[PDB]
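Drug bound: dipyridamole. Macromolecule: Band 3 anion transport protein.
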Protein chains: 2
Amino acid sequence: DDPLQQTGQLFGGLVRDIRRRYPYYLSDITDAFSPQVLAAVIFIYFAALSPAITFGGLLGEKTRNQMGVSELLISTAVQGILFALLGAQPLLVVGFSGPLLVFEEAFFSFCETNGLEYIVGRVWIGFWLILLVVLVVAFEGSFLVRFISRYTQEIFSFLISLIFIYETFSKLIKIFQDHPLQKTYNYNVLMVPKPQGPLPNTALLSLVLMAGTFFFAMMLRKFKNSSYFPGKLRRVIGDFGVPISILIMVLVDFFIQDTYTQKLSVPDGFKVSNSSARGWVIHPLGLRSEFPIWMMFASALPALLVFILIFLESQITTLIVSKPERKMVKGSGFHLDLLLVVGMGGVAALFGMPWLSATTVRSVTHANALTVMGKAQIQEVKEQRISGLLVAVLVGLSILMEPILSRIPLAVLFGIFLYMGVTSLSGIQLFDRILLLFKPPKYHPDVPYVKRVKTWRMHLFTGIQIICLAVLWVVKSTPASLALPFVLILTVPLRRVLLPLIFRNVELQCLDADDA
Amino acid sequence: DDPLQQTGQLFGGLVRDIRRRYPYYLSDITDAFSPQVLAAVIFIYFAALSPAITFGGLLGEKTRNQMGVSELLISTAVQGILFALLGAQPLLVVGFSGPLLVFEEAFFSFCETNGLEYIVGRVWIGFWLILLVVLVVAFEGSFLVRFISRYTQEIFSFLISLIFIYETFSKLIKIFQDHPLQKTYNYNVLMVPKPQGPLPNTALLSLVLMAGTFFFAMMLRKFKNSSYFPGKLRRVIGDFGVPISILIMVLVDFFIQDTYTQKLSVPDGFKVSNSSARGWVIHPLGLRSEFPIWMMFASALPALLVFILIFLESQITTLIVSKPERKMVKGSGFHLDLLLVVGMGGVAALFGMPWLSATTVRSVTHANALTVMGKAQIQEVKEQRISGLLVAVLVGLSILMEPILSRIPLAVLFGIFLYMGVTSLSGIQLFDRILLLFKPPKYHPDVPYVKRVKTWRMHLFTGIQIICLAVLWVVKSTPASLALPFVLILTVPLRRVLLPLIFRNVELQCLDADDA
Ligand SMILES: CCCCCCCCCCCCCCCCCC(=O)OC[C@H](COP(=O)([O-])OCC[N+](C)(C)C)OC(=O)CCCCCCCCCCCCCCCCC
Ligand SMILES: CCCCCCCCCCCCCCCCCC(=O)OC[C@H](COP(=O)([O-])OCC[N+](C)(C)C)OC(=O)CCCCCCCCCCCCCCCCC
Ligand SMILES: OCCN(CCO)c1nc(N2CCCCC2)c2nc(N(CCO)CCO)nc(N3CCCCC3)c2n1
Ligand SMILES: OCCN(CCO)c1nc(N2CCCCC2)c2nc(N(CCO)CCO)nc(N3CCCCC3)c2n1
Ligand SMILES: *[C@@H]1O[C@H](CO)[C@@H](O[C@H]2O[C@H](CO)[C@@H](O)[C@H](O)[C@H]2NC(C)=O)[C@H](O)[C@H]1NC(C)=O
Ligand SMILES: *[C@@H]1O[C@H](CO)[C@@H](O[C@H]2O[C@H](CO)[C@@H](O)[C@H](O)[C@H]2NC(C)=O)[C@H](O)[C@H]1NC(C)=O
Ligand SMILES: CC(C)CCC[C@@H](C)[C@H]1CC[C@H]2[C@@H]3CC=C4C[C@@H](O)CC[C@]4(C)[C@H]3CC[C@]12C
Ligand SMILES: CC(C)CCC[C@@H](C)[C@H]1CC[C@H]2[C@@H]3CC=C4C[C@@H](O)CC[C@]4(C)[C@H]3CC[C@]12C
Ligand SMILES: CC(C)CCC[C@@H](C)[C@H]1CC[C@H]2[C@@H]3CC=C4C[C@@H](O)CC[C@]4(C)[C@H]3CC[C@]12C
Ligand SMILES: CC(C)CCC[C@@H](C)[C@H]1CC[C@H]2[C@@H]3CC=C4C[C@@H](O)CC[C@]4(C)[C@H]3CC[C@]12C
Ligand SMILES: CC(C)CCC[C@@H](C)[C@H]1CC[C@H]2[C@@H]3CC=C4C[C@@H](O)CC[C@]4(C)[C@H]3CC[C@]12C
Ligand SMILES: CC(C)CCC[C@@H](C)[C@H]1CC[C@H]2[C@@H]3CC=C4C[C@@H](O)CC[C@]4(C)[C@H]3CC[C@]12C
Ligand SMILES: CC(C)CCC[C@@H](C)[C@H]1CC[C@H]2[C@@H]3CC=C4C[C@@H](O)CC[C@]4(C)[C@H]3CC[C@]12C
Ligand SMILES: CC(C)CCC[C@@H](C)[C@H]1CC[C@H]2[C@@H]3CC=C4C[C@@H](O)CC[C@]4(C)[C@H]3CC[C@]12C
């Protein structure tokens, strides 16, 4: 029954993953028939879209429009639809991530330096990723995911959410730096690409919209598990907590018409950003210049790095989402998801669209959205394919529904990112122990490790995980950001060889447990 | 032991009030030796000052400077010092109120029409208030305060808090109306009296400062009764919850130097606002024109109205502050406080300074500030004279402490008013029953009246008190605002004659109880 086992035959895990979930496929359609599911579709849409808009914008300027917002949106749409329809864990949101953007920057700079075609280079990376993932899934390489314990899962899960929170505030600060609070402003300024100068009331309204959206979302989450209004109405309003918070604060900005706020800009149509550069289908052998055969084979070495990026990102996200404490009964497959995510991404490279990964926050957020609360204990989770499908389709149709997206500020969706960032920390025992450092020892949650492990030893354990978080954040800050996944890999040796020396088994078993 | 009893002798209550509290007078100095007491001094200072600044400003413009901020500040200082040193309940904050402001415009408008000297008119009102209060205290007229039950106390206490909250938002709205969020602004504008035109970033920053101060104050109140940090540090930070919230958000505005925010303006020195109109000491017989002897006797009729205003305001505030549920052991005197408050106010009229009253929110706020929490049950209250004395002295020295006050925005102190407004509702059973209207019947607090009175009957009782609140708010809105105290008087007949018909004794006794 345990997914992470070596069968001892070629593609044994892949078959066993299909065999376990596809029996539930008719349930994966009906279970979606709930208002809570529709509230998740609306929430996770904006959670899924705005990153693809942002990263696409960032790719555009750092890759000279070889790959822009349109390519990313279509990729997130097509791979999102397929993965929802064919995957093992539909609650995983497949999209673009920060470590993937860093690779594209380095790959572009590498290609620029050596003087090779970037987009043609990726096609080969994509082919080697298809070769590697088939070779990995063949021998059931996802068995090594067993070794990654809560220690490494939580260190990861915490770091990703901090980033998500950090970046959100970095955008608010950027708005304030762009539109400073001056004494006088210049009004003879163009706003056709974007505002050339500073603008009045822009930065403060952006803060008001961000703070307000995070407030309303949190207060409606507080309202969900309150004792006000009838139980039906309290849940319905609580389930649609974010969509109400968005609608309100979007309508707030709609009425404030004279003042400027930065909105969600999408491409005009379904066309590549730079048409002169590349077409919709990228040629392996080359576009303009004849692509070298040395790079055609040496594409293996970056593809190995991209595989490790997509593997760890996706497989650790699968762990986090399919934890025992989260009441997920339909079953999670680590081989079929890895095969699709990388396999699709490899074929996506052929059409000059970016390979994606099962992103942690968006996956967690989508799981948390579909998770229902009893009495605070988790009753069940609405595990189905319709939520992940509809989000992907809506992301695909984002280019068409510009009229609607044009009235939605970025400030409000940054308020939603802050809500996603804070909410992501909820079921992380690391974060729980970070709070206990500040709380006195008498006022502890009396959890198994609190009762058994000594207070100073528990804090010492928590201390070492901050040292790891700190080191990971330093590695992230430095140019060597593609080394970050390999530093997180060292978190597994730590718990395996280093901690057993300074700590005891009894404490280690209590602090780091598979189930709680 | 019960204060509200007829002794059956002249000035029996006054003697009995002195006899009960003055034995504790040495305790009323030492009990003030606590950090929590110093945190109250800082909090209640701004709570006491900014109203005198505002009402003084309002008197100034509606009385042609015959009485402005200077007179009000000195009155609140002198009467505040004396009442703290000589009073029965030092926790009562004596200051100017809205119903008193209504009388001063009404009396000025009367004097302007008939063509009489306003300030000389008040001197006679003051003499008749001294005659009435001595005649009332003689026969122990504060025995009628017994008839005022939680019903009328809570209806009052709630209405006063709603006003306090309403007015706060009316000032924010005014700022937004004054400094609208436009596309373009004019920078060639004078700001020497105040900004002549609209200004950028002023209204939104004012909202940010107000929202931020109310947030920090509430989160530090939430922190006070949390389980974070050692018990000493949690209380100390919790007790200084408002002063920290003020300091922070004042320093926030200090760093935002280019943008404009409206600050606390006080007079330059200790001089009357309009020297030409009149001097410090007002002459009974007249200043310029010979004051009529018909008004010298007819001054009784407005003085009777002012007495009823100051009596009900102060005596109902004394009830609220000296409730049984609030752990106040040193004893409350309703005769000695009424004698001082009105008697001082009558003598204050002679120097052209405004008669004051024991204001409900500022009294409640000051009591709530000095109230310590155990475990949520009230352990004790730090009842002493030093808090009320120091506030009054600081209000007196506000005119000299201009450099510090000039850097403090109004926006932040409006955030403190909102905090005072919401916190004032805490120990009001009316407000508690307003929440139970929305909550389901199964999730009720299990208080005596919840289990004894039927849910539909309790909601019917609460419904009638909203009808009263509504009627009182309508009477307040209309020109007849001096009729409001006499409408609140009718709240006592209601519970006495009208409710016993539709309701039963058992329910009435449970819903309206002297102790809980
Ligand atoms: C869940 C409820 C939480 C939200 C409820 C709302 C509470 C707060 C309401 C808004 C007020 C924010 C307080 C800070 C005020 C700063 C004012 C300002 O803009 O100053 C100018 C400053 C700029 O300072 P400056 O003027 O020195 O900049 C330099 C300018 N030159 C170069 C010209 C010298 O801007 C900022 O503050 C930017 C940084 C943002 C910091 C505030 C972000 C917080 C908002 C989201 C809330 C998240 C925390 C909540 C806690 C977690 C809860 C789970
Ligand atoms: C304890 C924490 C609670 C406080 C922090 C939570 C608040 C989050 C911070 C942001 C403020 C909220 C967003 C308000 C939306 C309006 C913003 C704006 O632009 O206004 C434009 C409007 C003006 O709109 P306008 O300018 O478009 O109107 C048109 C005018 N013409 C046509 C002339 C151009 O501003 C106002 O009217 C002010 C409204 C303020 C209302 C919000 C009050 C916030 C203060 C705290 C309230 C506490 C509530 C909870 C109490 C209970 C506590 C448990
Ligand atoms: O852009 C839209 C989303 N956001 C906004 C969040 O509010 C965002 N911006 C980032 N940017 C900073 C740097 C490069 C430009 C944008 C960024 N960078 C990184 N990293 C790469 C840098 O090494 C860190 C390693 O994961 N990781 C991010 N998360 C995304 C999900 C899975 C991974 C963690 C991330 N997220
Ligand atoms: O934090 C806000 C406090 N302020 C700011 C001024 O210091 C304020 N402003 C008022 N107004 C401003 C705008 C023009 C009118 C005055 C006002 N008006 C009334 N009343 C209605 C006038 O008829 C009387 C109703 O009983 N009562 C008030 N209270 C305060 C004392 C205890 C009692 C209730 C009151 N308070
Ligand atoms: C589309 O791609 C082409 C080819 O990469 C870009 O072409 C030229 O301009 C760039 C600067 O804008 C230079 O860095 C290139 O060297 C130059 N290349 C050639 C062959 O002329 C073009 O700018 C891109 N267009 C957009 C809209 O991004
Ligand atoms: C001080 O008081 C005097 C007397 O009331 C005010 O005097 C004059 O100006 C007023 C308008 O500003 C008129 O309404 C008065 O009728 C007029 N009275 C006389 C006798 O000339 C004076 O304005 C006040 N000054 C200030 C600073 O408020
Ligand atoms: C699903 C698609 C898009 C992924 C592409 C990867 C290919 C190579 C994968 C997907 C499904 C896989 C097959 C699934 C099941 C079996 C049955 C087993 O007895 C032998 C291997 C075999 C036949 C696998 C071979 C490899 C396979 C064909
Ligand atoms: C586009 C941006 C600005 C906001 C989008 C949010 C929209 C889609 C949200 C906000 C509030 C939502 C509604 C709130 C509650 C209910 C009751 C439920 O039983 C059926 C759906 C229904 C009727 C929702 C439909 C979707 C809804 C209208
Ligand atoms: C419709 C649902 C099921 C899928 C959502 C995504 C849809 C809208 C997207 C994904 C890929 C997109 C296509 C990608 C490529 C092209 C070629 C171009 O010359 C015309 C548009 C066209 C044909 C696009 C139309 C819209 C499209 C089909
Ligand atoms: C450079 C720093 C920030 C990175 C390392 C994280 C810091 C905060 C960690 C490392 C070791 C930790 C300490 C280890 C042991 C104890 C003893 C316990 O009774 C109280 C907490 C305390 C004192 C911990 C507090 C947090 C701590 C100081
Ligand atoms: C503070 C002053 C100026 C207020 C003036 C009010 C007058 C009427 C008050 C103030 C003090 C009062 C006296 C205080 C003490 C006593 C002793 C008692 O056994 C008989 C009544 C008697 C004699 C009181 C009578 C009324 C009294 C004289
Ligand atoms: C005038 C404006 C800026 C607000 C002024 C508030 C000042 C007076 C407040 C803010 C925070 C306060 C401090 C906070 C905590 C303590 C610790 C306590 O054991 C003694 C008092 C002391 C040291 C307070 C002194 C007064 C203080 C500095
Ligand atoms: C000092 C403490 C105990 C009391 C606080 C209030 C003080 C500062 C106030 C209240 C009344 C004020 C006085 C009122 C009247 C005048 C007359 C004027 O021509 C000079 C200033 C002078 C003399 C004031 C000085 C300051 C004063 C004494
Ligand atoms: C002038 C305005 C404020 C008047 C409205 C006040 C509201 C709150 C009052 C007026 C009439 C009241 C209702 C009258 C009758 C009933 C039926 C009873 O079985 C439960 C309470 C309930 C439902 C009351 C609830 C409160 C109520 C709705």
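Here is the naming used below: chain letters follow the sequence lines, and residue numbers restart at 1 for every chain. The analysis underlying the following values was restricted to heavy atoms, covering all of them including side chains, and did not include hydrogens, waters or symmetry mates. Atoms within each ligand, like the ligands themselves, are counted from 1 in listed order.
Counting every copy, the structure places dipyridamole at ligands 3 and 4.
At a heavy-atom cut-off of 4.0 Å, the other chains in contact with dipyridamole (ligand 3) are listed as A.
The set of residues with a heavy atom less than 4.0 Å from dipyridamole (ligand 3) is A/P51, A/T54, A/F55, A/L58, A/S97, A/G98, A/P99, A/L101, A/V102, A/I160, A/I163, A/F164, A/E167, A/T168, A/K171, A/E313, A/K476, A/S481, A/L484. The deposit lists the origin of chain A as Homo sapiens. For chain A, the UniProt transmembrane segments from the N terminus with any heavy atom under 4.0 Å from dipyridamole (ligand 3) are 1, 3, 5, 8.
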